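Ribostamycin:Bifunctional AAC/APH complex.
Residue numbering in chain A adheres to the PDB entry, whereby the residues present occupy positions 180-230, 235-479 in order. One-based numbering, in listed order, for ligands and for the atoms of each. The figures here come from the full heavy-atom set of this structure, side chains too, leaving out hydrogens, waters and symmetry mates.
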Amino acid sequence: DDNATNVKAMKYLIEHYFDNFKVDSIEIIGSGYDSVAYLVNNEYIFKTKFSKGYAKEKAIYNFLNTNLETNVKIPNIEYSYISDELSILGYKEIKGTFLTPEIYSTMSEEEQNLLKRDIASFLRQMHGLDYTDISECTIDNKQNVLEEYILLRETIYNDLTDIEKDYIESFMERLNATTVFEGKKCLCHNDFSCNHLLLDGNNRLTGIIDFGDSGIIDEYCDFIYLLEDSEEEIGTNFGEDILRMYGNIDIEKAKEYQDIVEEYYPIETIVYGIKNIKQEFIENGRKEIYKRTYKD
Ligand SMILES: Nc1nc2c(ncn2[C@@H]2O[C@H](COP(=O)(O)OP(=O)(O)NP(=O)(O)O)[C@@H](O)[C@H]2O)c(=O)[nH]1
Ligand SMILES: NC[C@H]1O[C@H](O[C@H]2[C@H](O[C@@H]3O[C@H](CO)[C@@H](O)[C@H]3O)[C@@H](O)[C@H](N)C[C@@H]2N)[C@H](N)[C@@H](O)[C@@H]1O
Ligand SMILES: [Cl-]
Ligand SMILES: [Mg+2]
Ligand SMILES: [Mg+2]
């Protein structure tokens, strides 16, 4: 019994904290580096974490369920337990199939267009919300990076190689010269990748999950994965078309914003390692810097 034990513990905690909730079945459906999500009674999702723990995400679902006008479904929190050492959010599973590159490639041109229009429409509607009632949830990525650079300088920066230092400094120089943080701010999903997008039986967008990183931030943020060229995402043209449908936005700046975030990735990974005292992340990030430096 490996997998069997985690599930038992979480079944115990769910029943203990949610007085009249009976767990008849429970399985792991996903996990991050510091969280685990479970499917319970083939009906409920329970996102859990042993903290930095789930209060903001819940506030955002509550704000969005009150204010969004859309047929696209999002989580609606029925159960929550939030404490310093433990957080749990429960909601009814949104039913559907996650969008993937393989699926997209089987769709007709028209089906692809309609999906793109759906996404644009959802983003336009969310970005247009008056965010006053969630004003607390502001995120300044540039300032966050500066603070993370300071933490590097205070911890391991001096032990890095010249090549690692150069990569970091060359990123900081670019950050200082860019104008992409100076545009429209709005409420963004802020992790808007196709593993969070659900399709219904006609390949239309039916739901969106994981607003855990959402906040008032640069409008460009919600396009960075839609613009990404990788195995996990659909491709740059997909993001471009969505941008054109969404309208009133500088595409070249959206791409610059995406490229800068991408350049930061290995540094983000290093910083996560430092803050969470996980050496393997520090090592992975540094190695990634070498791989990027040597790519022709
Ligand atoms: N079909 C379906 N799957 C969901 C739903 N909610 C969660 N999941 C599944 O559970 C996984 C984990 O959920 P998610 O919100 O993305 O959280 P996380 O990124 O792992 N954790 P965190 O946001 O704390 O870093 C998703 O990849 C998906 O497999 C839902 O409503 N419907
Ligand atoms: N799983 C490996 C992939 O990681 C990154 O992309 C994923 C992404 O990871 C972030 O990407 C940023 C750098 O672009 C960072 O902030 C990451 O945290 C994740 O947050 C999204 N929900 C899904 C994205 N596909 C990379 N962009 C991509 O090139 C790479 O293939
Ligand atoms: Cl290391
Ligand atoms: Mg997720
Ligand atoms: Mg998340």
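Counting repeats, the structure shows ribostamycin at ligand 2.
By chain and number, the binding site of ribostamycin (ligand 2) at a non-hydrogen cut-off of 4.0 Å is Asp374, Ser376, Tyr408, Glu411, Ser413, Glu415, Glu416, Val444, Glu445, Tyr448, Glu451. Nearest non-hydrogen protein atom to atom 30 (C) of ribostamycin (ligand 2) is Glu411 OE2, 4.4 Å.
Considering backbone and side-chain atoms together, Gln441 places no N or O closer than 3.5 Å to any N or O of ribostamycin (ligand 2).
Counting only non-hydrogen atoms and rounding to 1 Å, the UniProt active-site residue of chain A nearest ribostamycin (ligand 2) is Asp374, 3 Å. Taking atom 24 (C) of ribostamycin (ligand 2) as the reference point, the nearest protein heavy-atom neighbour is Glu415 OE1, 3.4 Å.
UniProt lists residues of chain A as binding gentamycin; of these, a heavy atom within 4.0 Å of ribostamycin (ligand 2) is found for none. Any N or O atom pair closer than 3.5 Å counts here, and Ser413 shares no such pair with ribostamycin (ligand 2). Close approach to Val444 involves these atoms of ribostamycin (ligand 2), each under 4.0 Å from a residue heavy atom: 12 (C), 13 (C), 14 (O). Ranking protein heavy atoms by distance to atom 20 (O) of ribostamycin (ligand 2), first place goes to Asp374 OD1, 3.2 Å.
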